[PDB]
Trainee: 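Attached: Substance-P receptor with aprepitant bound.
All residue numbers in this chain count up from 1 along the given sequence. Just so you know, ligand 1 is whichever comes first in the structure, and atom 1 is the first atom listed for that ligand. Values reported hereafter were calculated over all heavy atoms of this structure, with side chains retained and with hydrogens, waters and symmetry mates removed.
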Amino acid sequence: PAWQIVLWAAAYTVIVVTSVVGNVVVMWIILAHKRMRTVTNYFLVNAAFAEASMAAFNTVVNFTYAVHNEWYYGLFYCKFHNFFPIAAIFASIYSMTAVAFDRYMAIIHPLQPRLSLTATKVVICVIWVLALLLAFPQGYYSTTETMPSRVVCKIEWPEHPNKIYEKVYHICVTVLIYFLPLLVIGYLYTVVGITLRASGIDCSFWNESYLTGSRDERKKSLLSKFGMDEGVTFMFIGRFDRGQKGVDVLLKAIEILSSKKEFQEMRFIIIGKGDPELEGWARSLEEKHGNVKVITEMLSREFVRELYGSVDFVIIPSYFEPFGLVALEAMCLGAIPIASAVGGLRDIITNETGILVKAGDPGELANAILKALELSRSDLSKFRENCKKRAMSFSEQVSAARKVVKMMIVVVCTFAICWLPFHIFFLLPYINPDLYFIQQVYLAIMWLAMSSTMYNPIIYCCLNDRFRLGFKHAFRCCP
Ligand SMILES: C[C@@H](O[C@H]1OCCN(Cc2nc(=O)[nH][nH]2)[C@H]1c1ccc(F)cc1)c1cc(C(F)(F)F)cc(C(F)(F)F)c1
Ligand SMILES: CCCCCCCC/C=C\CCCCCCCC(=O)OC[C@H](O)CO
Ligand SMILES: CCCCCCCC/C=C\CCCCCCCC(=O)O
Ligand SMILES: CCCCCCCC/C=C\CCCCCCCC(=O)O
Ligand SMILES: CCCCCCCC/C=C\CCCCCCCC(=O)O
């Protein structure tokens, strides 16, 4: 069916041209602009070079040899045709693995040193050396030979009764360039994507701009709704439990403070439900003291935003706070956090943006509450401004990192999809020989696998403003 061959040749040429043009433009965008020269972009340039080289130097003969099963192209090209794609795919997928590892280090272990640019050039050279070494056996054993009357290019391992070495080599290459790097990148981006999503906040909602009036009028109206007169107002919200959210630590701190004269000047609002003994202890402290209020009913997020914008301080005595979104919610609304120095709370709150204490120590928490009462004698506006600025700038870095990580996840998923049918096609004989319309299926599977060399520049242009601007500059001639 010659018309099908014409359509297939057109599709393969579309692969070649799109891959070469887009990857060359990506290399120009990164290398020619000093702002673009980063660790991540260097690994991306290495991957773009590997993919453009494979599309430029293998696609045409792969198509022609798949369509016309006689080798006319010489011995050295037979070796290169069996050698280069393994090295190129290895170099590209491990450049992507290095990008994911650099992101995981910057986000999960910020204190630990990362690669310098020269270190990344060294890593890229090591990657290419390992790629060439892994590809070497397949190119070394390739030869042209009559089979028995017409020339073919074929991999000829030394004759062994079970061909065990060639089989183990193929399995190892498939693991090293597909399954293992995908598992590693999947772990890295799962941890990173969960940690970033758990640290995000909706700034369109948790925003002081939707409150009305001065903070003092709001706090007075709130205390009046609770039946209390004006005072320095502390708020807790969370589940009542032992060993987790710390409401028991806050209740012990309230009992410690209750004997002091300073307790007269404080007000407490404890919101949550859970362990009945803790609920009964909170109701006992509420009836015992006129400056304590407890709310076990569920509240709307609008009412909680009103509370965050009215109270003076929010107490977060968590034993365990991996992400600390509640601290961002309070700080965005101008409440000053008083929190255990654990996890995301320790990462977000600073000495200038809150008060931090050891988790599980009621006496240190009572001392921090007394320190907050001492701070309340003076104006707190600069403190709340620092809390708001810190919460905004933190949210901000999280959002940009989420964009970059989403782009890289789209890249890795496109790679996994494009290469799965190819490796399945070459692993099927080991579990079921079959292979008896195979040529039409092979042209489709090969087209999909090699199409992977053209998607990344398209992906960068859609999901990255800098690459989009670089593509606009490269194509300024066009409308
Ligand atoms: C060179 C060719 O390789 C296959 O065809 C020959 C036999 N070879 C298994 C074998 N090797 C022996 O020594 N005996 N049998 C196959 C194979 C090799 C390594 C694998 F991981 C999976 C399959 C290949 C490989 C890739 C890859 F490697 F990047 F995926 C991509 C492409 C291209 F995109 F251009 F079309 C072409
Ligand atoms: C917007 C601009 C649009 C421009 C549109 C045209 C772009 C053509 C450029 C590169 C494609 C060709 C790259 C090289 C392809 C080589 C084909 C080949 O013969 O491969 C040699 C290899 O050694 C064994 O075949
Ligand atoms: C980016 C760098 C790319 C370099 C590619 C170099 C070309 C590789 C092609 C074939 C290498 C395999 C060599 C096999 C030699 C066999 C000699 C013999 O059997 O006598
Ligand atoms: C040290 C702090 C530990 C915090 C643990 C928090 C609980 C979550 C931990 C592991 C669950 C991982 C499940 C990932 C499944 C994929 C989810 C997805 O696709 O988005
Ligand atoms: C034939 C199968 C090909 C598989 C790859 C498909 C092409 C993917 C390339 C670009 C698509 C990128 C879209 C990613 C989500 C964008 C979300 C958004 O724009 O907000």
Trainee: Which numbered ligands or lettered chains belong to aprepitant?
Mentor: ligand 1
Trainee: Among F84, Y169, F422, which one has a heavy atom closest to atom 26 (C) of aprepitant (ligand 1)?
Mentor: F422
Trainee: UniProt CP-96345-binding residues in chain A with a heavy atom under 4.0 Å from aprepitant (ligand 1)?
Mentor: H170
Trainee: Please report which non-hydrogen protein atom sits nearest to atom 15 (N) of aprepitant (ligand 1), along with the residue it belongs to and the distance in Å to one decimal place.
Mentor: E166 OE2, 3.4 Å
Trainee: Tell me the nearest of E156, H170, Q138 to atom 8 (N) of aprepitant (ligand 1), using heavy-atom distances.
Mentor: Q138
Trainee: So, 4.0 Å and heavy atoms of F83: is aprepitant (ligand 1) close enough to count as a contact?
Mentor: no
Trainee: Is aprepitant (ligand 1) less than 4.0 angstrom away from at least one heavy atom of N58?
Mentor: no
Trainee: Let me ask it plainly: counting UniProt's transmembrane segments of chain A from the N terminus, which have a heavy atom under 4.0 Å from aprepitant (ligand 1)?
Mentor: 2, 3, 4, 5, 6, 7
Trainee: What part of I89, side chain, backbone, both or neither, has a heavy atom within less than 4.0 angstrom of aprepitant (ligand 1)?
Mentor: side chain
Trainee: Mind checking whether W157 has an N or O less than 3.5 Å away from an N or O of aprepitant (ligand 1)?
Mentor: yes
Trainee: Checking contacts here: is it the side chain or the backbone of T59 that comes within 4.0 Å of aprepitant (ligand 1), counting heavy atoms only? Could be both or neither.
Mentor: neither
Trainee: Could you walk me through which residues contact aprepitant (ligand 1), taking a 4.0 Å heavy-atom cut-off?
Mentor: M54, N62, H81, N82, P85, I86, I89, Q138, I155, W157, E166, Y169, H170, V173, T174, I177, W419, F422, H423, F426, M446, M450
